[PDB]
Amino acid sequence: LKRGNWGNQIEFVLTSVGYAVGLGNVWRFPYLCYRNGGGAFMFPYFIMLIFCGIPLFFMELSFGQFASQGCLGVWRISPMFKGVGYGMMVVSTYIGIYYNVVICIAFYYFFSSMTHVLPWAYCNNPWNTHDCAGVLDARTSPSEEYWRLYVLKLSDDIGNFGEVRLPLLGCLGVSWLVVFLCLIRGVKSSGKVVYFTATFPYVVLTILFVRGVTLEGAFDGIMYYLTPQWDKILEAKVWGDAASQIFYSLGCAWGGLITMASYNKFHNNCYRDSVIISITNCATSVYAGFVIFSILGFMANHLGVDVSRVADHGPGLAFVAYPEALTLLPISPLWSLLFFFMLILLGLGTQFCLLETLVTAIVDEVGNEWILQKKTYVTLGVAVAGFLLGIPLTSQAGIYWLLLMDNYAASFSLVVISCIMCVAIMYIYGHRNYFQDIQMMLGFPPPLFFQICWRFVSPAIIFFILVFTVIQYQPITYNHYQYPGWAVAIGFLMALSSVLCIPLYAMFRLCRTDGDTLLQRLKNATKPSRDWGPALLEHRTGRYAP
Ligand SMILES: O=C(N[C@H](c1ccccc1)[C@H]1CCCCN1)c1cccc(C(F)(F)F)c1Cl
Ligand SMILES: [Cl-]
Ligand code: NA
Ligand code: NA
């Protein structure tokens, strides 16, 4: 009755843009483009986005908006399959715990960059070794030694915690305080903040791109980026890497979209917004690639090498590679400040949803007016429980546990959840009723291109992603470190804490549904319950209730 709505469509579009666009469009996409084809990777990138990225986004947005419920209350089409919803909250917990620990290396670097001389420029600090060979000395760069010997003192084993790094506990406190203070009212509070932490990164990117373009030696760094190698598109690996990147980057099956769309009005165009956001998210990765590769080309020119020795994948690029290249520009503590501010803003627009997704559930599932008057207390209850649970990741052996949670927990549990949820709404509920349900909202039948892509093509692409992820599984390794057996076992058990919630809840539900034959018990608890439909009595007309 008092759930509330957004108020402006611009708020919803900006919030979704800031939630989908995260840190995966800055360090992941450029390296993939450089490695897998060059300028010929965009053909598999933009062909597997039309047939796999837009249909899934549209289906999730239309599913969330119809029944004005979060990621846990929309499963009234088949109450037995509610284990999928509980699978969307476990994974969103993991991505809500280790994401704030990445915010130290953006906050700590930002706070340590307010100096007239960058601390990682010259190799004369007492924490250095004999291999300080760099470029700015008046092979080991003096940004890697700072990264692994002063910011975090890396140990020699995953189970070798030595002490908690207090400067990192400081960021975690500050960051959780900011996250809680920015969600003090929810929709009426975050909706007015996304006007800032969704657009400033574009200004920062434009400034950095201009500086890179006018910089000498940059045109040789953009040629390697987008020169076509058409041979690569003839392989199956390139078509298997352009399907996983689209699926993961769009933010599919973490919840969020189903809980953002739950606040929209009933008669809202879910087709225009499903295309605008999808195109905007995929049009930022190219710009980020340009920005990164211009300065990388300048760096390679300065050290007089081909651009193959100065390319890094993840945290080794944003903290070991890019900062080591910004130190050659005239006014470095300003470009570094802007870059780390952009990283902080990019990583902070996603954490808002990962806290509001878990609050909306716990609020609506219980069901009361007492749980609505004290939503801020609930929001504080989850923030202080994500700070105590993220302390072990700030110790000496923090990087080891950081990479084991992003490669096992939220790696293939997401693909399984989406595949099952596709089957649940298409062939169990019925693909002939969902089309009429969507037509009731949009006002026109879905385009024919979307009916053939929702029943045959997209599930096939999901199956292809699932199969390709199994044939190309290798044990996780960090640099030359080899993870022991117990770490792999812990990671596998972590990955089994989300996809194992579907069979258990199904058994629990069918162990209490009154029936005679198991086929009849399966027949029940799989039909829409008598609460499926619009939440307002003014919209219920025709097929759904008198
Ligand atoms: O950004 C990262 N993964 C993203 C992701 C998205 C969704 C879920 C999980 C992970 C990628 C996955 C692949 C497709 C594009 N998005 C990443 C990479 C290396 C190290 C780290 C660290 F160290 F911070 F954990 C991270 Cl967080
Ligand atoms: Cl991407
Ligand atoms: Na983001
Ligand atoms: Na992302």
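Chain A is numbered as in the PDB entry; shown residues: 44-181, 207-614, in order. Side chains included, hydrogens not; waters and symmetry mates left out as well; all remaining heavy atoms used. For ligands, and for the atoms within them, numbers begin at 1 and follow the listed sequence.
- Located at ligand 1, the drug is listed as SSR504734.
- Structurally, the main neighbour of SSR504734 is the chain that UniProt identifies as Sodium- and chloride-dependent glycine transporter 1.
- The residues of other chains having a heavy atom under 4.0 Å from SSR504734 are listed as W70, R71, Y141, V145, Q313, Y316, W322, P383, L470, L471, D474, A478.
- In the structure, the transmembrane segments of chain A that UniProt numbers from the N terminus and that bring a heavy atom under 4.0 Å from SSR504734 are 1, 3, 6, 9, 10.
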